[PDB]
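The chains carry the letters A, B, and so on, in the order of their sequence lines. Chain A is numbered as in the PDB entry; the shown residues are, in order, 8-350. All residue numbers given for chain B refer to the PDB entry; the residues shown span 8-350 in order. Method reported for this entry: X-ray crystallography, 2.0 Å. Every number for a ligand or one of its atoms is a count from 1 in the order of the listing.
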Protein chains: 2
Amino acid sequence: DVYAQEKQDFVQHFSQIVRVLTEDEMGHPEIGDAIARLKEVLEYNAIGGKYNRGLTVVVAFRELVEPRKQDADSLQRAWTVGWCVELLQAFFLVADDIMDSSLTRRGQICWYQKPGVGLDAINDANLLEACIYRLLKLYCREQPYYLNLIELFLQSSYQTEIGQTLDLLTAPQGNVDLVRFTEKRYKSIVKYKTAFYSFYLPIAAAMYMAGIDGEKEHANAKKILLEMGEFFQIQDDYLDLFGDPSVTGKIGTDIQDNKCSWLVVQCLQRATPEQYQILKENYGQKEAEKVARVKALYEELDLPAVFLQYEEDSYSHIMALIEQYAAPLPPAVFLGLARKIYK
Amino acid sequence: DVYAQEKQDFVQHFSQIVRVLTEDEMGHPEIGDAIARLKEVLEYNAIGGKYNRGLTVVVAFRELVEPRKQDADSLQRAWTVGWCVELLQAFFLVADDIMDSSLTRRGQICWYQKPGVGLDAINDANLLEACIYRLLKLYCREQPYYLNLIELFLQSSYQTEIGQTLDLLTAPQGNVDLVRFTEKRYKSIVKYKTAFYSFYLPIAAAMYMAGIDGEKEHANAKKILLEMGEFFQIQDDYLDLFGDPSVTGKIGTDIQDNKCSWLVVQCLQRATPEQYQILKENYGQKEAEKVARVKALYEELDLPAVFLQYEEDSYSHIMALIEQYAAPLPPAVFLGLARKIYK
Ligand SMILES: O=P(O)(O)C(O)(Cc1cnc2ccccn12)P(=O)(O)O
Ligand SMILES: O=P(O)(O)C(O)(Cc1cnc2ccccn12)P(=O)(O)O
Ligand SMILES: [Mg+2]
Ligand SMILES: [Mg+2]
Ligand SMILES: [Mg+2]
Ligand SMILES: [Mg+2]
Ligand SMILES: [Mg+2]
Ligand SMILES: [Mg+2]
Ligand SMILES: [Mg+2]
Ligand SMILES: [Mg+2]
């Protein structure tokens, strides 16, 4: 992949990110303990993933910016902005893990589950968020795209938070109403909670850094990226139940948490009234036997096979959107991302 | 007060703030339920306070901007930016109430304690934060001070979050070490957690709106405002134990929560080794009888009288700093604020 060609170098740069964020300390040694906590938080929560969102900024930048304009400082700004995307993810995930009552993330216990962390993780997440704007000021403040990037991160955060609200509102604890789990509702939740920040944000950041600021170009980019994001969230929902946690790094909670998962939507489209009652009886509950019954029902209704077919159809659709909407950007910008997510 | 002269009108404007924030809905009716939740969150959490921070932007604006430049639109931008300060407070308090295990706020149950809210309040707080940047874009994007304000809110949030980290790190649950509760540590915690966002932020916002952007003018302003903020937090700590909750609107938790309160710092400065052991035995614990013992010890050591004296000395000090540092701004800018907090 073009992603493996940039990864080791991207990751390498995290030590610099941490160093520049945790040297607000000469000048202000009274905040030392707080900066030590920030370092711990950064190291626990922004490292251990695949780095695909941050890497996408870097790879897109190199593909959109003329090689004679890819000087040392410009490349550094590019991987800084990719790390800002990673930090945005880190902030959101820390908070999400608490609100979803999750156990593990990236092959370790969730930050909030750590003895001695707990709900202090809320402020830790806010700090991760603040680091984004700190790095943008330190590295990009004199660039013509500075305000574009600040506003792109802010707006992406707002959209994401709106999607989180829909997610949580459609999934009330102890309150099983399957009636709300429609395809239309599903598409809206995932557009807001995932598609903007996971797909549109990183490419858009690289577009703005390359001086591509036009509303038409950004709107065309979105046509591809929001669709890619929807697929990505459907995949996430499928892996929540059917994925191997040694590979995914995380234990699923969607059934217990009463979530408007792609799986439950597809279940409802297919289920006889008898299967509907089974689903109603067992969904949204902590008991392991009830979760098992839901999984059994999904397997009975061939949902893994339905997912496999959906992934093929989706891949073909996204490739079609690249043919329609890529120009004037290099198709490789989107195809690389397609390759990474449809693996 | 100059604050009462602007309050009814300031509060009046909240209906407009809510209307403009909850009409992201024509165009995007798929987010309707989320926008309904945002309205609920806004109404519960940004209304019911004294509005002093938001009001300070408005009053300072009128005192710093030439009356011929105080047109309809400019006044509207001023009360919008004051509401942004209120929203910053609202975001921070929702999160703080969870992390401090608080019960009530502004004479009602804390948002997170509401049946059916719970830890979903984390995302609600993030949404309140997003509304700040939304209102600044909608109302101030074409103004020469736009980036100044965005960066002032972002930086104030970072500082505040650093202060929150110090607060929480100095107050580990179930872990009583009084050794860390020093005056030096106290001053650092409150500078970061309170002084920036409660005092410096609102005046600074009005300064930038009035085209007063000079580093020397902002640095002089800070000399007064950070000191005022320290006093304000000492007052907050005193009222945590000795205030009337029908007046304060909130039930105190500092002793239970093992906080580096001004009260405990002053206790440690004065306490015999026998009183030190009593404090060690009873601090940072949930039992009502142990909290009562700590309060008894404080009363034994005349801490209310010590606070009364401190408030006089502090008032005199801040007035001295106004004489030194107010120019070239009208002294009324600071004196009005002094009047409100030393009441
Ligand atoms: O927990 P994961 O990794 O399975 C999850 O995929 C995480 C996720 C998706 N979108 C957002 C937005 C903000 C915070 C977290 N987000 P989900 O949406 O299923 O919680
Ligand atoms: O709960 P209160 O109102 O007594 C409290 O005064 C609230 C407070 C002060 N400073 C901050 C910063 C962020 C969030 C809340 N903050 P405290 O600092 O004592 O928690
Ligand atoms: Mg989750
Ligand atoms: Mg979630
Ligand atoms: Mg998931
Ligand atoms: Mg879940
Ligand atoms: Mg508190
Ligand atoms: Mg607190
Ligand atoms: Mg307090
Ligand atoms: Mg407390």
> In this entry, what is the main binding partner of ligand 2, named as in the PDB entry?
Farnesyl pyrophosphate synthetase
> Identify the drug located at ligand 2.
minodronate
> I'd love to know which other chains sit under 4.0 Å from minodronate (ligand 2), counting non-hydrogen atoms.
B
> Which UniProt dimethylallyl diphosphate-site residues in chain B are within 4.0 Å of minodronate (ligand 2) on a heavy-atom basis?
B/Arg112, B/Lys200, B/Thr201, B/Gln240, B/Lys257
> What I want to know is whether B/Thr167 and minodronate (ligand 2) share at least one N or O pair that is separated by under 3.5 angstrom.
no
> Please confirm whether B/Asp243 comes under 4.0 Å of minodronate (ligand 2), counting heavy atoms of the residue only.
yes
> Report the overlap between the UniProt Mg(2+)-binding residues of chain B and the residues with a heavy atom under 4.0 Å from minodronate (ligand 2).
B/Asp103, B/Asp107
> Test your reading of the structure: does B/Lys257 have an N or O sitting under 3.5 Å from an N or O of minodronate (ligand 2)?
yes
> Under 3.5 Å between any N/O of B/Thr201 and any N/O of minodronate (ligand 2): does that happen in this structure?
yes
> List minodronate (ligand 2) atoms under 4.0 Å from B/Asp107, heavy atoms only on the residue side.
20 (O)
> Using a plain distance cutoff, I'd like to know if B/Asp174 has any nitrogen or oxygen under 3.5 Å from a nitrogen or oxygen of minodronate (ligand 2).
no
> I'd like to know if B/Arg112 contacts minodronate (ligand 2), where contact means a heavy-atom distance under 4.0 Å to any ligand atom.
yes
> So is B/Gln240 in contact with minodronate (ligand 2), going by heavy-atom distances below 4.0 Å?
yes
> Name the residues that contact minodronate (ligand 2) at heavy-atom distances below 4.0 Å.
B/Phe99, B/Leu100, B/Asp103, B/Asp107, B/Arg112, B/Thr167, B/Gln171, B/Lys200, B/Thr201, B/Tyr204, B/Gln240, B/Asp243, B/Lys257
